[PDB]
Amino acid sequence: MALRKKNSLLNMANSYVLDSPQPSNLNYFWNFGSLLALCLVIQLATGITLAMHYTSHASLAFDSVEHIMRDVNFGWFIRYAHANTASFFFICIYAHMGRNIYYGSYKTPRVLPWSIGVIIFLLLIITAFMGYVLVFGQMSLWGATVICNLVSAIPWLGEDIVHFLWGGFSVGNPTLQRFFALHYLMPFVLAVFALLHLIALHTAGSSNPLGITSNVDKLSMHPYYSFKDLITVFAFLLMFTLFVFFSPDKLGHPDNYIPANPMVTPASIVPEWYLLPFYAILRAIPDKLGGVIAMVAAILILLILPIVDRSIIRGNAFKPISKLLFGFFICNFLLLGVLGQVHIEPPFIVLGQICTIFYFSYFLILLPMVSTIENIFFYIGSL
Amino acid sequence: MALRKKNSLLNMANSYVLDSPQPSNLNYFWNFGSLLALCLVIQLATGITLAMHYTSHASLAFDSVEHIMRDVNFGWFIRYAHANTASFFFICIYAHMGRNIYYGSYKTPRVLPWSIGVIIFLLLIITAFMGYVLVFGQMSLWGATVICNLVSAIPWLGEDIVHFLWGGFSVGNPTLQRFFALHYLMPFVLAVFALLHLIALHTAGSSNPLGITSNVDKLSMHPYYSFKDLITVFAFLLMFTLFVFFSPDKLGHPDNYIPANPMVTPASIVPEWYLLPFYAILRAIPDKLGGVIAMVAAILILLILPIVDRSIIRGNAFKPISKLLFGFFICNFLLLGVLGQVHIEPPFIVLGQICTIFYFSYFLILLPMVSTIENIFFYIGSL
Amino acid sequence: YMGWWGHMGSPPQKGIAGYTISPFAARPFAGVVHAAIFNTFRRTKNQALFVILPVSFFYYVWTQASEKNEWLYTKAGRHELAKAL
Amino acid sequence: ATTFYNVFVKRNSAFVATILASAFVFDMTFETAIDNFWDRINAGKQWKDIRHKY
Amino acid sequence: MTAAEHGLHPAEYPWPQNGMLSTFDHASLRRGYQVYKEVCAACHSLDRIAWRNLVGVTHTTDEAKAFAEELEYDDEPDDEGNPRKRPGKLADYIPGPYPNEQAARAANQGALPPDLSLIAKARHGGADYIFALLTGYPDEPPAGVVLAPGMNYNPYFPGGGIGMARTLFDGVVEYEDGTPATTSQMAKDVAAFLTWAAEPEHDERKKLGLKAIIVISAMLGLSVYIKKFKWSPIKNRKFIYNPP
Amino acid sequence: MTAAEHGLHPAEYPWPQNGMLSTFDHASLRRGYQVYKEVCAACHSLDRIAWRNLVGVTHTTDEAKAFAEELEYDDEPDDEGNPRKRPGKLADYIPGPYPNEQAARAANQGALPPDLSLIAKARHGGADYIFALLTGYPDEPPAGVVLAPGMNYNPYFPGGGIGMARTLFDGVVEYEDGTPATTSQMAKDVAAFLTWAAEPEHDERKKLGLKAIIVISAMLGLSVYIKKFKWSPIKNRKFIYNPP
Ligand code: HEC
Ligand code: HEC
Ligand code: HEM
Ligand code: HEM
Ligand code: HEM
Ligand code: HEM
Ligand SMILES: CCCCCC[C@H]1C(=O)O[C@H](C)[C@H](NC(=O)c2cccc(NC=O)c2O)C(=O)O[C@@H](C)[C@@H]1OC(=O)CC(C)C
Ligand SMILES: O=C1C(O)=C([C@H]2CC[C@@H](c3ccc(Cl)cc3)CC2)C(=O)c2ccccc21
C-alpha cells in the first residue's frame, strides 16, 4: 500500500489535495475555493509581514503605515498587496457564495458546509474591517466608531458594551491596539473555519454544475483540478498585478490617507466596496436597531436557503425561472452596492428601501414560491 | 447510529476527546499532555490579551508592559499569568518528554509523534524566547542579540543573516517589532504541530506504563481520563496560583525590569530557568560554531532515540539498569541546568564540560550499550 | 453519501465502455478555432437573456434614479427637491 | 532530438536542473532586457538621464 | 449634492506618469521641488519626506546634503544635559513651517494647511486635483457666490470657498533650468512633485509590474496549455453503452 | 566571584507585607512617600507613578490633588500655538528632578541615579536590598578597599563602590505622624514605599490569591473524589479466567 495512503498524516493531505474524488465536470466557478485559499495565503504572508513593521499605538499607527510605504524595502508592495488582496478576497468570496447559491450547493447534503461558510463570511467581514481600522486614517477611525456602536442597538447593556469594546469613551489608542490583536488573530480563526467547512463538505463531496450525483464519474483532485486551479491562480495574479502595480489605490478611499481626526467625519462617508451592499441596507432602514438587525440579517438570512428552497432539483442549471430570479437577485445585490456609495439624497433613499425589500423577499417569498412552481412545471411538463 | 459518530465534524472531536480508546492503566505522568494543552490555552488567552495592550515599538514596549502592570484592570494578573505559565509550560514539557523517554514512547510505532514532538520542543523554545524579548528589558535585549547571532555560526552568509534578522546593525526597534509578529504567530504554528503529533499518535494509540499492548484492555478517553485530567488541572492551577498571586517574580530575572540599554550587558547574565541546560552546553564548548552546534544538537539528538535504543522491550518499567541510567541522565540534565546559572569560574567550567559529555554519551554510547546488555539479561535471566 | 475509490457509491455500472487516448497522443487544441467561435457563440446565445434582462432592467432603474437625482440638484429642480424634503 | 530528450528531460533530476538553470538565465537576461527597455521608453525622463547636469 | 458642494471635478490632464510604462519626468520633479520650496513651504509641511528621499530622484547626494546642512535640527543634549542643535543630515525630515496645528491656523485665518506629503493620494483626482486647484482661481467668483470671510473662490474645492488664496503667479519662481515659470508650468511641476511625494515608489512599482505582467501572461498562457493537455483524456473520453 | 564583586547579600527583614495574607502597612507607605519626596526625589525619579496612584493608598484624593496642583506641567499650546504650562492633575506622573540622563549624570559625578519605580523588582533582594543599602554605609570602609573617586563604600552594592552617598541621617525628615525619624525607620518606610511603587497591585493580588487558593483547594479535593468515584468500576474490576 502506497505511503500516501499508509501514513496517517500524509493520508489526511492525500485525502484533500491528491486522491480527493471530485466530479469530473466542475466548471470555472469551482475555482473560487482555491482562489480564496490563495487569497488567504497571500493575506497571511503579507499580513504577518506588515505586522513586523506596523505599530499598533494610535500615535504611531498611521505613521508606521507611511513608514511601510516609504522606508521598508518593498513595503509598498507588501502593503498594497495586502490591501488589494482584501478586495480580491471579497470578489472571490461573493463569487464563491454566488456559485453556491446558483448551483444549489446549500441544499442537502451540503447544508453543513454551507452554514459553516456563512460564518466564514461573517468572520471575513469582521477580519477585513478590523484590518481597515488599523491604518487609523479618517475612514478607519470612523468605521471603528460605527461598528463598535452596532452593539448599542442591543438594549440596556448595549452602551456599556460599546465602551468596553473601545476600552474608552471613544475610539482611541486602546481600540486600535485591540483591533490589531484581533485582526491578527481573526484570520487564523477564519482559516480554521475554512478548513472545517471543507471537512464538512468531504462527506458529500463537491456538488457539480448539473446538480446530479457525481458518484458515477469521479476524477482525482490532482492532476485535474490542480492544473485547472493554476489557470485561475495565474488569471487572479494578472488581475492582482494590474491593481497592485499599476493602480494600487483604485479600490481605496482617499480619506484613509488623512490621519484620524476624531473631531470631523468626512462629508463623503463610503465604506469598502464590499461592505457597500450591507451599508445601503443599514441606511435604508430608518430605525437604529432595525437598521442593524436588517444588515446582519442580510447575511444570516443565507442560513435559511436550505429551508426556503423547496426544489426537488439541485441548482439552477435546469431551471429557467429560477435562473431569471437569481439574475435579478444578483443585480439587486449589485444595485444595493451602488446605492451604498451615492449621497443620501432623493431619489436614492426610496430606491435603496425598495432594493432592500427585494433583497429579503428573494429569500422569504420569491425563492419558496418559484421553486414550488418549477417543481410542478417539471412534473407536468415532462408527463 | 449516534450523532457523535454520524456527523463528520463531531466524529473528529469524538475520536479525540470522547470515544478515543486509551490504555486503562495510564498513570499520572500521562497527564502532562493535557496540562500542556491547558498551558497552551492559557498562553493563547493571556497572550492575545496582552497583545491588546502591548506596543511593539521599542520606544514604547517596556513602558507598555509597565502600563499593563499598572493601569490595565487585572493587567498584573494577565501579565504574570502569561509569564508564569511560560515557566509551567516548560516544566510540563520536560515532564512530558521525560515521561516519553522513560516509557519508551519514542519507540516504534510511535516514532512519528515523537519526532514531531521534537519539533514542538524547538518551536516552544523559539516561541517562549521571542516572547521574552518583547519586554525589552535588559535581559530581553541581550537575549535577542545572542539568539540572532547564533546564525553567525553559519559561515560566510551567516553574518549577513544576522543583520537580516535584526533588520539593522544591532537589535533595535525593527527587531522588536518582528519578534512581536513572530511571537504572536509561533504559538499557532505550535498548536498545529501539537495537533499533528496527536494525529500521528492516533494510529498507535497511547503507550502505557507497562509498555505492553493495550489493545486487550481499552477505556474511553471520557469519562475516565477527562476526570483524571481534572485532578492535574486543579493541581496545576494550585501551583499556578501560588506563583501568580503570591510570588509572581520568583521565576523571573530582576534585570528584565531594567529597560534595554544596548551599551551595557548585565554582569550576571543567566537566561530563563528552562534554557539553562542548553545554555550551560553552549558555555561548555569553547568554539563558536561548536557551542551552537552542541546546543542545537542537544535537542536534535532526541531524534535518534528511536535508533539508539536497541531494546526489545518498550520503556523502563521493567529494566532496572536502564532506569538507573535514566536517573543519572535526568540528574545530569538538572546539573547542566544548575551549571547554567553559576558564574563562569573554576571549577564549574570543567564540570560543565563533563556534564555536557555525559549528556551526549547517554544517547551515543550508554543507551545503545545498556539496552543491548539488558536484552541479553532478559533472555538469559529467564531461561 | 460519497465513498472513496473502490466504493464510491455509484449504483452498479455495467455495459459502459469508456475509451480515451493519452494526452500525448491527442492534440489538446484540436478544433479550438471551431469551439472558440461556434461553441462559445452557442453557449453565450443560450444564456444571454438571463444576463441581459436583469442587467438592462437595473441599469435602466439606476439611470432613471441618477438622472432624477442630478436634476433635483439643479436650479430647475429646486421645487421638486423642496417637495422631496 | 531524441538525444536532447535523453539528456535534459528524461531524468527528472536533469529536467529540474535544466529548469532551474534556465530560470537563472532567464532571470538575469529578463532583468537586463527590461532595464534597457524601460530606459528607452522613458528616455530623458529618469534621474539617470538628467543626472549628468549635476 | 449640488455641484458647489461637490466641487467641480478636475480635468484629466495627460501627465507624463499616466500610462502603464511611464515614469515621472524627473526634471519636472526637480522643478516642482523648487516650487514647493519657494511657495508652498511657507504654509505647508512635507513631513514624510526626508532629504535622502530627494537623492537620486531630483537632486544629487551633494545638493541634498547642502539643503539639509542649511538647517538646524534638535541634537541629543550635551554633556551637561543642555539642549543643542546640529546641522541637518540626509536622514532628517524636511521641516515644517509651523511648530504645531495651532500656530498653523493662527497664520492662516483659522484654516489649517494640510501636510502635502500625502495630498496626491488623499484627494479624489490626485495630481489633476492639485493642478486644477492651483490654477483654478477665477479672477471673479461666479455671480451670486457669497464667500465666508477669509475664503477665496475656487470651483475645484468642495464648497467653493478655500482658505488658501491664489499663490502661483507668472514668475514667482525663477527656475534654475530656464523653463518659463508660468502659472500653468509651476502648477504642473509642483503637482508632479507632490504626486511623487505621495507615491515615491511609483517608478519602481510600474517597472516591476511590467516584468510581472510579462511573466504572469506567459505563465497564464502556458498554464492553459498544460491544463488542456492534462485534461485532454477526460475531454476526449468516449463511451459505448450496451444495455445489459 | 569574590564577595566584593557580588555584594553582601541583604538580611531577610520581616516586612509587614511578607506573608501570604499580609498587605503593606499603609501608614508606612505614607511615611515612606514622605521620605521619597524629601530625600530621594532630589536625585531619583519615580516616573511610573501618577498622582492618582497614591490616592486611596497613602493619600486622600484631596491631598494628592494638592501635590499635583503645586507643580506645572506642559499643557497643549494656546490659540496662537505658543507653549503653555498648567497646574498638575491626578492623571499626571510624578515629575523627575532631571530633564534627561545627561543632566542626571552631571549632577551625580557621572553616575546615573536610576528610576525608583521599579527598583524593588529590579534588584535581587527587593525591599531588603533597598533597606540594606540605605542603612548599610559603614562609617569607615573596610581596611584595604580602594574606592574609585566619588564612590562611597557600601557592602551591599556589588563592587562595594556606589555613586550614591549616605543620605539618611536621624531627623532629615520630620514625619507628620510623630514617628521618630531614625535612619532605620526612614529606610524601612522608604523601602516599603518603593516596594509598593514597584508592585502596587500587591495587596489586591494577594487577596485574590487567597480566594483562589481556597476555591482551587476545594475543587482539587472534589475533583479527586469525583475521579476516584468515576474510576472505581475500573479499579474494582475483577477477572475470572477459565483457559478455553
Ligand atoms: C500662505 C498660505 C498658503 C500658501 C502659500 C499655499 N497654501 Fe495650500 N493651503 C493653504 C491653506 C490655509 C489651505 C487650507 C484651505 C482650506 O482647507 O480651506 C491650503 C490647502 C491646500 C491643498 C488642499 C486643499 C484641500 O483639498 O484640502 C493643497 C493640495 C494645497 N494647499 C497645495 C498648495 C501648493 C501646491 C502650494 C503652493 C505651490 C500651496 N498650497 C501654497 C495655505 C497655503
Ligand atoms: C544626591 C544623590 C542621591 C540621593 C539624595 C539619593 N540617591 Fe539613590 N542613587 C544615587 C546615585 C548617583 C545612584 C547610582 C549609584 C551607582 O549606580 O553607582 C543611586 C542608586 C540608588 C539605588 C540603586 C543602587 C543600585 O542598586 O543600582 C537605590 C535603590 C537608591 N539609590 C535609592 C535611594 C533612596 C531610597 C534614596 C533616599 C531615600 C536615595 N536613593 C537618595 C543618588 C542619590
Ligand atoms: C476563506 C473562505 C473560503 C475558502 C478558502 C473556501 C474554500 C472552499 C473550497 C476549496 C471548496 C471546495 C472547492 C470549491 O467548490 O470551490 C469550497 C466549497 C464550498 N464552500 Fe467554500 N470557502 C470559503 C468560504 C465559503 C463561504 C463564505 C461559503 C458559504 C457561504 C462557502 C461555502 C462552500 C460550500 C457550500 C462549498 C460546497 C460547494 C460545492 O462544491 O458544491 N465557502 N470552499
Ligand atoms: C483574511 C485575512 C486578512 C484580511 C481580509 C485582511 C484585511 C486587511 C485590510 C483590508 C487591511 C486594511 C489595509 C489597508 O487599507 O491598508 C489590513 C491591514 C492590516 N492587516 Fe490585514 N487582513 C488579513 C490578514 C492579516 C493577517 C493574518 C495579518 C497578520 C498580522 C494582518 C495584518 C495586517 C496589518 C498589520 C494591517 C495594517 C497595516 C496596513 O494597513 O497595511 N492581516 N488587513
Ligand atoms: C505543546 C506541547 C505539547 C502538547 C500540548 C502535547 C500533548 C500531548 C498529548 C495530549 C498526548 C497524549 C496524552 C499523553 O500521553 O500525555 C501526547 C502524547 C505524546 N506526546 Fe506530546 N505534547 C506536546 C509536546 C510534546 C513533545 C515536545 C514531545 C516529544 C518530544 C511529545 C511527544 C509525545 C509523544 C511521543 C506522545 C505519545 C506518548 C504516549 O502516549 O506514549 N509531545 N502529547
Ligand atoms: C506557547 C505560547 C506562548 C509562550 C510559551 C509565550 C511565552 C511568553 C513569554 C516567556 C513572554 C515573556 C513574558 C514576560 O516575562 O513578561 C511572553 C510575552 C508576551 N507574549 Fe507570549 N507566549 C506565548 C503565547 C503568546 C501568544 C499567543 C501571544 C499572542 C500575542 C503572546 C503575546 C505575548 C506578548 C504581547 C508578550 C509581551 C508582553 C509581556 O511580556 O507580558 N504570547 N510570552
Ligand atoms: C476539540 C477538537 C480538536 C481535538 C484536539 C483537542 C485536544 C485533545 O485531543 O484533547 C485530548 C483530551 C488530549 N488528551 C489525550 O489525548 C489524553 C490521552 C490519554 C491520556 C490522557 N490523560 C491521562 O490521564 C489524555 O489527556 C489533549 O489533552 O490534547 C490536547 C493537546 C488537544 O488539543 C490540541 O491538540 C490542539 C491544541 C490546543 C494543542
Ligand atoms: O457607516 C458605516 C458603516 O455602516 C459600515 C458598515 C457596512 C458593512 C457592515 C456589516 C455588514 C455585514 C456584517 Cl455580517 C456585519 C457588518 C458593517 C458596518 C462601515 O464599514 C463604515 C466604514 C466607515 C465609515 C462609516 C461606515
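Letters A, B, ... mirror the listed sequences (proteins, then strands); counts begin at 1. Side-chain atoms are counted along with the backbone in the values below, which use heavy atoms only and exclude waters and symmetry mates. What you see here is only part of the deposit, and the contact count is restricted to that part. The header says electron microscopy, 3.3 Å. Whatever order the structure lists ligands and atoms in, that order sets their numbers, starting from 1.
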Trainee: Indicate which of atovaquone, dicoumarol, resminostat is present at ligand 8.
Mentor: atovaquone
Trainee: Per UniProt, what is the name of the chain that shares the largest number of close contacts with atovaquone?
Mentor: Cytochrome b
Trainee: Which other chains are heavy-atom neighbours of atovaquone at a cut-off of 4.0 Å?
Mentor: A
Trainee: Tabulate residues with any non-hydrogen atom nearer than 4.0 Å to atovaquone.
Mentor: A:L122, A:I125, A:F129, A:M139, A:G143, A:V146, A:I147, A:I269, A:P271, A:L275, A:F278, A:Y279, A:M295, A:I299
Trainee: Considering only heavy atoms, which residues of chain A annotated by UniProt as ubiquinone-binding lie under 4.0 Å from atovaquone?
Mentor: none
Trainee: Write down the species the deposit gives for chain A.
Mentor: Yarrowia lipolytica
Trainee: Write out the transmembrane segments of chain A that have a heavy atom under 4.0 Å from atovaquone, numbering from the N terminus per UniProt.
Mentor: 3, 6
